[PDB]
Chemist: 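Here is bosutinib bound to Proto-oncogene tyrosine-protein kinase Src.
Residue numbering for chain A follows the PDB entry; the residues present correspond to positions 257-412, 424-533, in that order. Numbering of ligands and ligand atoms starts at 1, following listing order. Hydrogens, waters and symmetry mates are skipped; everything else that's a heavy atom, side chains included, is used.
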Amino acid sequence: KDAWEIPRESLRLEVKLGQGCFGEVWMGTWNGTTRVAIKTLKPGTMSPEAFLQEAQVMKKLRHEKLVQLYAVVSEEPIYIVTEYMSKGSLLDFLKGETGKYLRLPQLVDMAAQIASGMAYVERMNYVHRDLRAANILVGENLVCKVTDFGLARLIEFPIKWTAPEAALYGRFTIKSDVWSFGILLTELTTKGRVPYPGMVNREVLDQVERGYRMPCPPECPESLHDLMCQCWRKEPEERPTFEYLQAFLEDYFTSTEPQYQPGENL
Ligand SMILES: COc1cc(Nc2c(C#N)cnc3cc(OCCCN4CCN(C)CC4)c(OC)cc23)c(Cl)cc1Cl
């Protein structure tokens, strides 16, 4: 036990949110004062370690653009508590009612916060391993955060989002992370479409390894799709840092596309 543990009776579960073969996720209150999100366990389903060693990683990380780990409880019902992100994943947010109103500036800006959260991950010497719209959460005012560190390791699998070297040879790096980021940019520019439309896993891996790359999304600026291609370089070390990515996105409409004019969708 560490100073991350709270009583169960501190809490209270209310409205369900998702289910799983891991447990489930609720809106809660904390000590009567704090809307939280609680992630329960189905007591025998996962290890004690397994369900939580994702959140040892969440103790050693702390950034505005990552989701805030609040507390843990470690006898079943076993829980982990976090800040409540009001709009759920970015995937849903992008497919939902509001998605179609989003244009480049809100999208580039969301990519920015994310890049920023990862750029911190980057300098904390870590890799996330499952980066994609659906592991990003949204709050109000278009605030995006990275979460789902359930595979996040210190540097001593969904292939569409995964880097080649990482899928074939288990070579995960912050640079493999950059690869996903680049796919995530295409989610953001398509308003949530699945990568490699009409292609199946083995088709992706085969074509990706042949050097195919997703082409420019409709209405997306070539400068934006170039950045993506930089992220998908066959050579991970030649792939840009997230700190490069963070600043390039933040300064996007001034330094790169000062002449951006809104279109039908973007
Ligand atoms: C607590 O522990 C963990 C929780 C999570 N997942 C979440 C975190 C976190 N973190 C924070 N906030 C969340 C809010 C959610 O729902 C919001 C309501 C959805 N709607 C959108 C549409 N409109 C119209 C109604 C509202 C949600 O379920 C979709 C999951 C959340 C992860 Cl991934 C890992 C750990 Cl360890």
Chemist: Around bosutinib (ligand 1), which residues have heavy atoms within 4.0 Å?
Modeler: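 Counting heavy atoms, the site comprises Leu273, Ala293, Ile294, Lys295, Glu310, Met314, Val323, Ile336, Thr338, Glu339, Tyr340, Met341, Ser342, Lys343, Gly344, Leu393, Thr403.
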Chemist: Could you tell me which UniProt domain of chain A does most of the contacting with bosutinib (ligand 1)?
Modeler: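 Those residues lie mostly in UniProt domain Protein kinase.
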Chemist: Against heavy atoms of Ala293, which atoms of bosutinib (ligand 1) measure under 4.0 Å?
Modeler: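 Contacts of bosutinib (ligand 1) toward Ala293, numbered from 1: 1 (C), 11 (C), 12 (N).
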Chemist: Just jot down the bosutinib (ligand 1) atoms closer than 4.0 angstrom to any heavy atom of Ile294, in number order.
Modeler: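 So the answer, numbered in order with elements, is 1 (C).
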Chemist: Considering the heavy atoms of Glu339, write down every atom of bosutinib (ligand 1) situated less than 4.0 Å from one of them.
Modeler: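 Atoms satisfying the 4.0 Å criterion: 11 (C), 12 (N).
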Chemist: Give the UniProt active-site residue in chain A with the shortest heavy-atom distance to bosutinib (ligand 1), rounded to 1 Å.
Modeler: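 Going by UniProt and heavy atoms, that would be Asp386, 9 Å.
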Chemist: In this entry, what is the source organism recorded for chain A?
Modeler: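 The organism in the entry is Homo sapiens.
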Chemist: Can you sort out which atoms of bosutinib (ligand 1) are near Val323, meaning under 4.0 Å from one of its heavy atoms?
Modeler: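 By the 4.0 Å cutoff, the relevant atoms are 9 (C), 10 (N).
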Chemist: Counting from 1, what bosutinib (ligand 1) atoms have a heavy atom of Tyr340 closer than 4.0 Å?
Modeler: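 Atoms satisfying the 4.0 Å criterion: 12 (N), 14 (C), 17 (C), 18 (C).
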Chemist: Please list every residue in chain A that UniProt marks as binding ATP and that has a heavy atom under 4.0 Å from bosutinib (ligand 1).
Modeler: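 The overlap, by heavy atom and UniProt annotation, is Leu273, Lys295.
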Chemist: Decide whether an N or O pair under 3.5 Å exists between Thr338 and bosutinib (ligand 1).
Modeler: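 For bosutinib (ligand 1), there is an N or O atom that lies under 3.5 Å from one belonging to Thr338.
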Chemist: Relative to the heavy atoms of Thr403, which atoms of bosutinib (ligand 1) are at a distance of less than 4.0 Å?
Modeler: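 Every atom of bosutinib (ligand 1) under 4.0 Å from some heavy atom of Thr403: 10 (N), 32 (C), 33 (Cl), 34 (C).
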Chemist: Evaluate the 4.0 Å heavy atom contact test for atom 23 (N) of bosutinib (ligand 1): does a protein atom fall under the cut-off?
Modeler: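 Given the 4.0 Å limit, the answer for atom 23 (N) of bosutinib (ligand 1) is no, no protein heavy atom qualifies.
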Chemist: Got a protein heavy atom sitting under 4.0 Å from atom 13 (C) of bosutinib (ligand 1)?
Modeler: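 Given the 4.0 Å cut-off, atom 13 (C) of bosutinib (ligand 1) counts as touching protein heavy atoms.
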Chemist: Within a distance under 4.0 Å of any heavy atom of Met314, pick out the atoms of bosutinib (ligand 1) and give their elements.
Modeler: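 Within the 4.0 Å cut-off of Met314, bosutinib (ligand 1) contributes 36 (Cl).
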Chemist: Would you mind listing which atoms of bosutinib (ligand 1) come within a distance below 4.0 Å of any non-hydrogen atom of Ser342?
Modeler: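 Heavy-atom distances to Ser342 below 4.0 Å select 17 (C), 18 (C), 26 (C).
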Chemist: Anything under 3.5 Å between an N or O on bosutinib (ligand 1) and a protein N or O? List each pair with its distance, or write none.
Modeler:
unit_1: bosutinib (ligand 1); atom_1: 10 (N); unit_2: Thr338; atom_2: OG1; d: 3.2
unit_1: bosutinib (ligand 1); atom_1: 10 (N); unit_2: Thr403; atom_2: OG1; d: 3.4
unit_1: bosutinib (ligand 1); atom_1: 12 (N); unit_2: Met341; atom_2: N; d: 2.8

